[PDB]
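Sequence lines map to chains A, B, C, ... one by one, in the order shown. The numbers used for chain A are those of the PDB entry, and the residues that appear cover 2, 23-281, 287-497, in sequence. Numbering of chain B is taken from the PDB entry, so the residues present carry the numbers 2, 23-281, 288-496, in order. Numbers in chain C track the PDB entry; the residues on display, in order, are 2, 23-261, 263-281, 287-497. We use all heavy atoms of the structure for the numbers below, so side chains are in, but hydrogens, waters and symmetry mates are not. Method on record in the header is X-ray crystallography, 2.7 Å. Just follow the structure's listing: the first ligand is 1, and inside any ligand the first atom is 1.
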Amino acid sequence: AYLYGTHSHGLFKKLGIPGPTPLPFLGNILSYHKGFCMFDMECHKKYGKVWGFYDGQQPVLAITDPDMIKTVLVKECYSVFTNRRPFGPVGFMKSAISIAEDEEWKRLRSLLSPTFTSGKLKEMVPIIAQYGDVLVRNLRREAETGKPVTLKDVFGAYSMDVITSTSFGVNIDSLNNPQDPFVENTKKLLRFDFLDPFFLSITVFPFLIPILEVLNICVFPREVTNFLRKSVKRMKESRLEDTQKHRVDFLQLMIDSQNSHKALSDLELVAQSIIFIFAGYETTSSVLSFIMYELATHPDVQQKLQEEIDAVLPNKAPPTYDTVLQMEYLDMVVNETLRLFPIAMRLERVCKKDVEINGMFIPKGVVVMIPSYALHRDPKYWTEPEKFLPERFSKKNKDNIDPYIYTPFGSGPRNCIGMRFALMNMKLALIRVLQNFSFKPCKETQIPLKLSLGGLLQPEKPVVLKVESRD
Amino acid sequence: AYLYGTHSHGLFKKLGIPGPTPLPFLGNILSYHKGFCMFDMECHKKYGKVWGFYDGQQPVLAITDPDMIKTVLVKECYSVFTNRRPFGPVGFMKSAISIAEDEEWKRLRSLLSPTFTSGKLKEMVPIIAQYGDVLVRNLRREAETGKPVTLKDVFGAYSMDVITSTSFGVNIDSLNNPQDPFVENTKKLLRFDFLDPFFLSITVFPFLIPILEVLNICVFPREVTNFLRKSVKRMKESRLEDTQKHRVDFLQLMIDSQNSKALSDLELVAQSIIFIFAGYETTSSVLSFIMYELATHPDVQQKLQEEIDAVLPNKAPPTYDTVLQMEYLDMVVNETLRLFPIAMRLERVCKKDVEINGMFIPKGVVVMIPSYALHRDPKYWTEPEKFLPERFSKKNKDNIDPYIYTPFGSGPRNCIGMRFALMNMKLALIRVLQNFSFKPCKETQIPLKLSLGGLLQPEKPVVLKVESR
Amino acid sequence: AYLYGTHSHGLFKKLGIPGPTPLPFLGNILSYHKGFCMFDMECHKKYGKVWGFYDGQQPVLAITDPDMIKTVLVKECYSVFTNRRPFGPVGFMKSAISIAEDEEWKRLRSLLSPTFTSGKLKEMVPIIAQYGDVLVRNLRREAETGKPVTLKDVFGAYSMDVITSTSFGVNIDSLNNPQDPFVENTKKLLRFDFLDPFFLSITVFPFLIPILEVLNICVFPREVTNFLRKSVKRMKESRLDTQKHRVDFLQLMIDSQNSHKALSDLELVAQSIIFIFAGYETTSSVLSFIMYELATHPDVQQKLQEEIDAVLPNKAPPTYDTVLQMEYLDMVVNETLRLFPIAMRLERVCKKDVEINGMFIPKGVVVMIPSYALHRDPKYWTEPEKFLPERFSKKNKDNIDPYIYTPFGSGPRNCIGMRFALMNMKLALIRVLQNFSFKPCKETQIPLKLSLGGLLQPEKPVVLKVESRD
Ligand code: HEM
Ligand code: HEM
Ligand code: HEM
Ligand SMILES: Cc1ncc2n1-c1ccc(Cl)cc1C(c1ccccc1F)=NC2
Ligand SMILES: Cc1ncc2n1-c1ccc(Cl)cc1C(c1ccccc1F)=NC2
Ligand SMILES: Cc1ncc2n1-c1ccc(Cl)cc1C(c1ccccc1F)=NC2
């Protein structure tokens, strides 16, 4: 992207922007020993408002100023900062919203938009909540042996359960049969760190893109894609001549959208389905494990929230859309877990053409990066950043929060499209389990929690906790 | 090759298997700073019995259990653990047994194992004994004129000498005639770290193969091999066919087994080249190591400096069946091979998804047996950094596990010329100290630091004072 | 190049040559954390007269013996050490003299040589001197405040001005007319570290060249050079109007085309481009370093100031002969270039197995002369860390070995632009020092830290306090 892949390491010196000294070829990849999080944290304090670094040959400029951020994510979204890091030849996956660029993306965003509206989310709630009953079901069985529960298993399965049932309408008990046709293939597909900036080695060695295109050597081969392409083949047609309708999954919502910009294709439809899995599986599972960790080790908050839930759903009353949005304190806790642990942890935009944003020149082909994780813990926005304090998100405390500093779902036209859905999904899980159980740490518990080194935040060791069937 | 060459640095943490945390793209190669062995060492002593690491993008799973190693090298060798690391486009050398994969490997390994019967190694010992007497004759060079002697020079030239006549039927003194186009061309050939996992850039950039293949970039050009190929083509076309000065060497044996589906001529030269790579620096290295151990541990040297004349007194031609006799020497060798397994590692590519013993191994992963770190594993050897030859002699040593001591590996895909290299070295070793003796020079390295590279070797070349007899 | 791009790390241990122990793939790249200079320095002390290391897969043999250096750079230049590192698909820039190899380079060097004579320099001086005036004006404005001056802003501007005027025969004020299309576009071109060994992943990924050649993937695309190329096509056809004819590098190269085979039209543009790479950052950097050295050594500065006044009294304008007269000026330039050779090192690929002065060198290896290290080697220089213009006095003539001291290389493939580069720097030097005095301020970087890259540069731009005179 940047300078046709040529040596770039003198760029931030020309531009007069501080940053770590690069090695030839590698740039600052060695600086990644502490991980993305600690790297960005270190750099922020050391270099200040703004700093450049090099992922191999790819220059990355990090911005912290809220007005600079707004310019990148919002004002100049469509004009200059429309895309993310460039991707390899992934075949038809090219037309997945997350890999789509420029006009293609723009079209695809506009088509996928009405699928994620609040109104149509309300209609999925029945299907999600039923796996909130399935979650507690499988989670009670461990609370009677009184043993350690690995939460990235019980939530992994829940994330999986919701995805399969909302993405394809395929209904499964994941924890109890991992040999189910779908689950094994989904988890196989899920092996690929598709959206990681180190998925291939484009950063170091950028020529990899043009070479692989021209040789049509595909790095996401038909073999991987086939199973779900056939499931969607036999799905579109088969169960959908029922007349009786019913279907409320993502598939149907997209199927329904194909008639009277514009016109979503079959292969396109499929690519959104796949991309939804990548977006939702490990992310949702992780936020859940992160939430329970904070709750289990803060028993005050747990009970306080635990009584707020019983106060609006008396008698473990089944959760409903309207009464989910009812719960302020539940919302304060999700937002705070995500403040500490923004699973993306970094937001990125390639700069399409030379530009001057709030005073600063940015050359074409650069990656403009917003360090979410670092900014979420920036003392110059939050008092006691390292401390988990659901209190910051009380409405007596909403103006103080800057939407361009708190960015767990990004911002602007290219933010998270399934934010509403991610938030609704996780809350229905939380509500159900918290109603029926209290969660407590034991010595088997990684305390304090260590983090994933890589690009996508995750507990370093699986979150393990002891569960009591309760009041 | 693993997960379509794609980012893989999530496996070992997603399988509970510990190991050093990898850098993006590099994986763990920064850890190679210590060398292959010293890495396997600190990893063993840290993560315990099983650990993974990443060679660039290539996920490498190291196993220490004898049962594991047995399932790998022996049980599942035909079905799961058939091949080593994939190779780049190498032309006709795809036929070399070391490069060949699956059943296509098997056909070859079949056509070959006859050639390595002890009933054929036997009739070979004359042609190689020739060089023992060439080695010692050379070696009296600077033993007599009085000066520190660097042993690699005379051991290198020796190992070179055996291979030439045994792989190609050509007797040369490589040290005295160093401009012989043969010695010239095979040393040109031995520049290539061919069997090294880092020969090319596969590990860190696994997309290299399909690219080099399609574009027909040759990594090992016909030029390199032209002189050997079109030499065999003269030793084997016009041949020793019209005449019958019937010689006993690897070349003729293969030639003969073409007149018994079969083996082609280029399939033939393919094997000869391989025997050089397999034979040359390994045979040299072990000798140097053995000589380090004796010179510095003088009591064991004399203990068979004329227990060597108790069998053949004195200065007798070491005929095959007199060399299998010396069981103490036999296991003096074994101890250097313990202390120094040249391979350092054993490696197999898991051809497809399986769970063996209690452990799951997904397709495309390298299962690696760290031969070195076992040979110095205190859990199996009292005083592991010892040089104590007879921890290996008698039915005293039914405790030697053929999975923990495997400096030639095990199962179908172990060292096919084990018996040859062992015979080669032993026979060489007799006709050196039965004429000389060695003292730690005023320049020798103690303790012996090794080479960081993929083929085990002394850091500095070994230097010893050599004496009269 | 080397052994078909195959693994090469075993070589130097084998040849009996010492050096830092490589890593798989990366060779000794991690040692560049120091930068080229400090790496060469520590290797020099640690390893001795000759050492070897690996730029990824690329073996590099470093040599220090003058006899050995004379052999590589001069004697076996045409036979064995004719080229630098290989390049890969760059389009019409293949015929750029710095990129050409073998027979093509010999032809280009021969065709360009008459352009770089001292005579043609003499007639160029009047043109390139009108930019010292612009320099003095530009600088004054920054000094007219009292705020510290980042020299790079004023020397960068100056270096730019001269090159685009000489190489493309135009007259612009890049500091004041930054949106002049020549300025924009020469700045575009200057983004590429064109001649840097790490321009591409070639050192670490040696198959890149053949892969890119067969697949016609261009690294220097042609939108990068379009404006400037098309400029030459509209500029030469306008001068021949056979009446007026400037003496710049463009004219001299058009002159050469008329009445061994003559310079092509695309070859002409190729050169003009390469002269920008060769002249822009180098001149800027050397000018900065000199000023750093004058401002920290006030005694030398003033001594130089009185020479300049005694030959050009009352701020007289420089001329070819009056520049060459200034002995101390020459010593000062030489001494800075000794401490700060911009190239940091000279390289030549070994085309063919040779024994040079008794040491075997295989085909494919880069032989490298560690210029930065040799300029600071105690064996040849007393207190090599000290700035001492006197090393280059007349009295101190042939204590300077011309294979030790190589700010401009040596032999047939040395700097073709040397005489010019020196004239150019001295011209500007004269004018700034006729008008100004330069003192450190709080913001100067003492001690000086050097760039880590392949083209020597101050790490922080040189900031100084600048006073007027009169
Ligand atoms: C589980 C918690 C989740 C978090 C923390 C999360 C966070 C994010 C973030 C930070 C981005 C990047 C936004 C930007 O660059 O400005 C993003 C993008 C995206 N997310 Fe999510 N997400 C989550 C779940 C989901 C789910 C369940 C879906 C739907 C299946 C989804 C669909 C997407 C899509 C499609 C994009 C790309 C938008 C585009 O390029 O047009 N996310 N998400
Ligand atoms: C000190 C001397 C030698 C040692 C320590 C040695 C050791 C080894 C080891 C450890 C292996 C791999 C075992 C495995 O992965 O299962 C091997 C493979 C091999 N060795 Fe040797 N070797 C030596 C000399 C020789 C000689 C002289 C030859 C023949 C001229 C030879 C031919 C081979 C071949 C052909 C293979 C692989 C064949 C196949 O994959 O089927 N080796 N050796
Ligand atoms: C003070 C500034 C300069 C310095 C220190 C400098 C130094 C050098 C050095 C060290 C080399 C390599 C010589 C070798 O390998 O032996 C070189 C080559 C070269 N320089 Fe310069 N140079 C400078 C300015 C210029 C200018 C202004 C031009 C032309 C306008 C120029 C044109 C070249 C060319 C064309 C080559 C390559 C010669 C060939 O391959 O035939 N240089 N220079
Ligand atoms: C889906 C999707 N499409 C585009 C994005 N994403 C995305 C969604 C959620 C999260 Cl937590 C990260 C990303 C990521 C992401 C960042 C680093 C590593 C892996 C990722 F998926 N990038 C933006
Ligand atoms: C022949 C052959 N084919 C496959 C192997 N080998 C092999 C044979 C003998 C030796 Cl002494 C090492 C190796 C090696 C080896 C390992 C690392 C670096 C160089 C090697 F030759 N072995 C695996
Ligand atoms: C123009 C040109 N053509 C060929 C050369 N050069 C050159 C000229 C001047 C300078 Cl100071 C360096 C070089 C360089 C050079 C070396 C390392 C990094 C950048 C360079 F321009 N090398 C030899």
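The drug candidate or drug found at ligand 6 is named midazolam. Of all chains here, the one making more contacts with midazolam (ligand 6) than any other appears in UniProt as Cytochrome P450 3A4. Other chains near midazolam (ligand 6) (heavy atoms under 4.0 Å), by letter: C. As stated in the entry, the source of chain C is Homo sapiens. Proximity by heavy atom, under 4.0 Å to midazolam (ligand 6), holds for none of the UniProt heme-binding residues in chain C.
Residues with a heavy atom within 4.0 Å of midazolam (ligand 6): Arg105(C), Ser119(C), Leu216(C), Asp217(C), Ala305(C), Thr309(C), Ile369(C), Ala370(C), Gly481(C), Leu482(C).
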